[PDB]
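Model: Beta-lactamase / ligand cefalotin.
Residue numbers start at 1 and run along the sequence shown. The analysis underlying the following values was restricted to heavy atoms, covering all of them including side chains, and did not include hydrogens, waters or symmetry mates. Just so you know, ligand 1 is whichever comes first in the structure, and atom 1 is the first atom listed for that ligand.
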Amino acid sequence: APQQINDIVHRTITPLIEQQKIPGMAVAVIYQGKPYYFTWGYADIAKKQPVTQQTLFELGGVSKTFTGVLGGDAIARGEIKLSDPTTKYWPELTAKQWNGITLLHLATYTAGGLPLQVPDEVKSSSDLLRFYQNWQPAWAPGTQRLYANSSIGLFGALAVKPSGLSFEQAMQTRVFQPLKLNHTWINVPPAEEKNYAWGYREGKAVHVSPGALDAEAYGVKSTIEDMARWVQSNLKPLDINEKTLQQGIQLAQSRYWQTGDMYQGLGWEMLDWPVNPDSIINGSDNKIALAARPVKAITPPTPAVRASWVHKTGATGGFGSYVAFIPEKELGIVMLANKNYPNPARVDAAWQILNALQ
Ligand SMILES: CC(=O)OCC1=C(C(=O)O)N2C(=O)[C@@H](NC(=O)Cc3cccs3)[C@H]2SC1
Ligand SMILES: *CC1=C(C(=O)O)N[C@H]([C@H](NC(=O)Cc2cccs2)C(=O)O)SC1
């Protein structure tokens, strides 16, 4: 644990925890292929259980990076194509607005305004079909980006049907197991509950509630060790032995669309490095509930750029997560907290840390 890394991480995170009143936090810095872990506070305040390297945190939207890579793996296997129409995988979506919407649109939030959330009244696949059939796009496909669980969530659900596996089984067998993410879960087993941190919202202990397409959009729980391995796998996909997975990881970091200085991948989002911190820090901000932005197509998509700031923020009611890495510098960071705090503070801290290390 280089004193440099230790100091940079502690001088940045200690103040963060104090200002945001975060009960528990785990951080991992990946530098030149080696992970350095740091933990603070509590996983369960009432039971005085500390955060450890085995503590499970709710990833929120960081889960979309796993969905994007699993999709990328299915593409590499020849099971699906992003140019495929959505109806190929759900023929029952007969409403006229679905002609023209492809798996690429679903995966990149460009289908035309699918909503951020699937309504809580949706409790079955029949309800889900009704929801999508009744949805009225605001825009033509491929014209504007609107971040949405109902978009990438449907992509995840459709992408695995050719495999014959359920989304969870596909994720476990094609991504978690090959990468040795053995303490990463869509459903936390009873044996692992002792390590499942409580999230805190307004001082109350909370866990994410079950919902339609939750696994696909915001339902993964993981430890700081597994997340560091996830970041390393995305930093250096050539070291991965499973061919289609290696390719899938690379596909998720392709640049499909541009809005401002940001590029949309499958799950992952990217900016050219070096990046103005005010374009990424101020860039990530959920203080805004709906931010519709025109997108420019990258025709054809740019293959994964090593000189990139690749990242993803995530939140649930009681957790706040952030992952960012720079392939060209073999540098990455994971920050997991059991309080959902402002996105800009997460980005500012990660930038201060990675910038200091190169
Ligand atoms: C739309 C937007 O930019 O706002 C930030 C956001 C994020 C994020 O990237 O931090 N997302 C997540 O991490 C998801 N979170 C949830 O869906 C929260 C829950 C839905 C149901 C129970 S918790 C979405 S909720 C929306
Ligand atoms: C395409 C598609 C289908 C289908 O072709 O019938 N069904 C999916 C279904 N999902 C669920 O049963 C779980 C849900 C509960 C609430 C919302 S979905 C499945 O298991 O394949 S949905 C996509």
Where, by number or letter, can cefalotin be found in the structure? ligand 1
With a cut-off of 4.0 Å on heavy-atom distances, which residues and nucleotides contact cefalotin? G60, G61, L116, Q117, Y147, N149, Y218, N286, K312, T313, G314, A315
Please indicate which organism the PDB names for chain A. Escherichia coli
I want to know if cefalotin touches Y218 in the polar sense, i.e. an N/O pair below 3.5 angstrom. no
Enumerated cefalotin atoms positioned under 4.0 Å from heavy atoms of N149: 16 (C), 17 (O)
So is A315 polar-close to cefalotin, meaning N/O to N/O under 3.5 Å? yes
Going by the order shown, which atoms of cefalotin are within less than 4.0 Å of some heavy atom of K312? 9 (O)
Min N/O separation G61 to cefalotin under 3.5 Å: yes
Short N or O distance, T316 and cefalotin, threshold 3.5 Å exclusive: no
Would you say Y147 has any N or O atom under 3.5 Å from an N or O of cefalotin, going by distance alone? yes
Would one find an N or O of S209, backbone or side chain, under 3.5 Å from an N or O of cefalotin? no
